[PDB]
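Note: structure shows flurbiprofen engaged with Aldo-keto reductase family 1 member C3.
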Amino acid sequence: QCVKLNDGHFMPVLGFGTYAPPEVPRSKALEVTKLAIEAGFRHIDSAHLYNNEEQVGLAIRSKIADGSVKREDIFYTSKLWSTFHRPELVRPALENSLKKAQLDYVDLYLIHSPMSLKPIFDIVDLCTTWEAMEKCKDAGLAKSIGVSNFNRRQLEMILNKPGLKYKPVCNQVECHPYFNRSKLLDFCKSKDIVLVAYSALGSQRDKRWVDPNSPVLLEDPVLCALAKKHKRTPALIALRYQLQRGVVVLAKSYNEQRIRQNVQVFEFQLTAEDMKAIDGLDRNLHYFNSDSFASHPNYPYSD
Ligand SMILES: NC(=O)c1ccc[n+]([C@@H]2O[C@H](COP(=O)([O-])OP(=O)(O)OC[C@H]3O[C@@H](n4cnc5c(N)ncnc54)[C@H](OP(=O)(O)O)[C@@H]3O)[C@@H](O)[C@H]2O)c1
Ligand SMILES: C[C@@H](C(=O)O)c1ccc(-c2ccccc2)c(F)c1
């Protein structure tokens, strides 16, 4: 199923994560995106950053072309990279993502991160970036617009902007049982903004940004006990947890069997005791923990 966004469009509550590191050949994104759609994923998350928008759009068009789905059955997200915060760079970056993907519109365009970079940090008034996003929604380039990696104060800056035309429909953030963001989630719910979770399965643990010492989420003994209790898997427990808290959850897999397994999140429910045991895992652990983010003036985790 789908959640209704605050602009009246619908987002499917489970989404396919498309990112793979650059060691993975570009052609893989094509193959696995088609498999994700075949498995029942209708929400596909990409970005200018990911260098895979041609393949992901090609996957989508191919599944349209063979009659599996119509365009209006797919919810496609791209994101504005942080070298393109200056308001006059916003629509051309979106236009560029649309031409890579060969689509007429994205369902969702996000400010990828509040941490502006030189078009080396930049200083940009994100409210002007937001005004340029709104113009992209008015032109029909994006059906919905939203942000990513914003903390509460950063989100308030936008909600509080004079002359605001469109609220962000979502804030896409790192969110999983080690870092469950419950206070940010309550704030988003009170403003009718959807929290979308990435690294919901504990991230790809990429050496550039993630400490290899950090606990592996899917090896977590409480998730493992819960998987055994429900005869599911630690992944499926982690996804199901997000759905039950009203969070839209992404899931990356480039593996045929795991892609097919992940759509089982719809087949069972956790109980209130299960959810409390999962809530007890919260330990302020964002897997992305690198000097290259944390030294930035608008790093969101400084609070
Ligand atoms: N907005 C942002 O700044 C931001 C940041 C990070 C990610 N994202 C988006 O969120 C998406 C998902 O997050 P993520 O890439 O960090 O990965 P994730 O969904 O946390 O996945 C972690 C690993 O879980 C494995 N996995 C998937 N299903 C599994 C299963 N059923 N059992 C065991 N392992 C399973 C995958 O390995 P295999 O491929 O081997 O199955 C995957 O590499 C990204 O692809 C991207 O679209 C956005
Ligand atoms: C690599 C890229 C992504 O979308 O995967 C990414 C991941 C994490 C972040 C991020 C954003 C804020 C704090 C720490 C990390 C990002 F800005 C971009």
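Chain A uses the PDB entry numbers throughout; the residues present, in order, are 6-124, 138-321. One-based numbering, in listed order, for ligands and for the atoms of each. The basis for the numbers below is simple: all heavy atoms, side chains too, and nothing from hydrogens, waters or symmetry mates.
All copies of flurbiprofen taken together correspond to ligand 2. Residues with a heavy atom within 4.0 Å of flurbiprofen: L54, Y55, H117, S118, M120, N167, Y216, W227, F306, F311, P318, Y319. If you number the atoms of flurbiprofen from 1 as listed, the ones under 4.0 Å from a heavy atom of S118 come out as 17 (F).
Residue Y55 approaches flurbiprofen through these ligand atoms, each under 4.0 Å from one of its heavy atoms: 3 (C), 4 (O), 5 (O). Near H117, meaning under 4.0 Å from any of its heavy atoms, are these atoms of flurbiprofen: 2 (C), 3 (C), 4 (O), 18 (C). Counting protein heavy atoms only, atom 11 (C) of flurbiprofen is closest to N167 CG, 3.2 Å. When chain A is restricted to the residues UniProt lists for NADP(+) binding, the ones with a heavy atom within 4.0 Å of flurbiprofen turn out to be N167, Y216. In terms of protein heavy-atom proximity, atom 7 (C) of flurbiprofen is nearest to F306 CE2, 3.7 Å.
Close contacts of flurbiprofen with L54, meaning ligand atoms under 4.0 Å from a residue heavy atom, involve 1 (C), 2 (C).
Closest protein heavy atom to atom 12 (C) of flurbiprofen: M120 CE, 3.4 Å. Of the residues that UniProt lists as binding substrate in chain A, those with a heavy atom under 4.0 Å from flurbiprofen are the following: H117. Closest protein heavy atom to atom 13 (C) of flurbiprofen: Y319 CE1, 3.6 Å. There is no covalent bond between flurbiprofen and any chain in the model.
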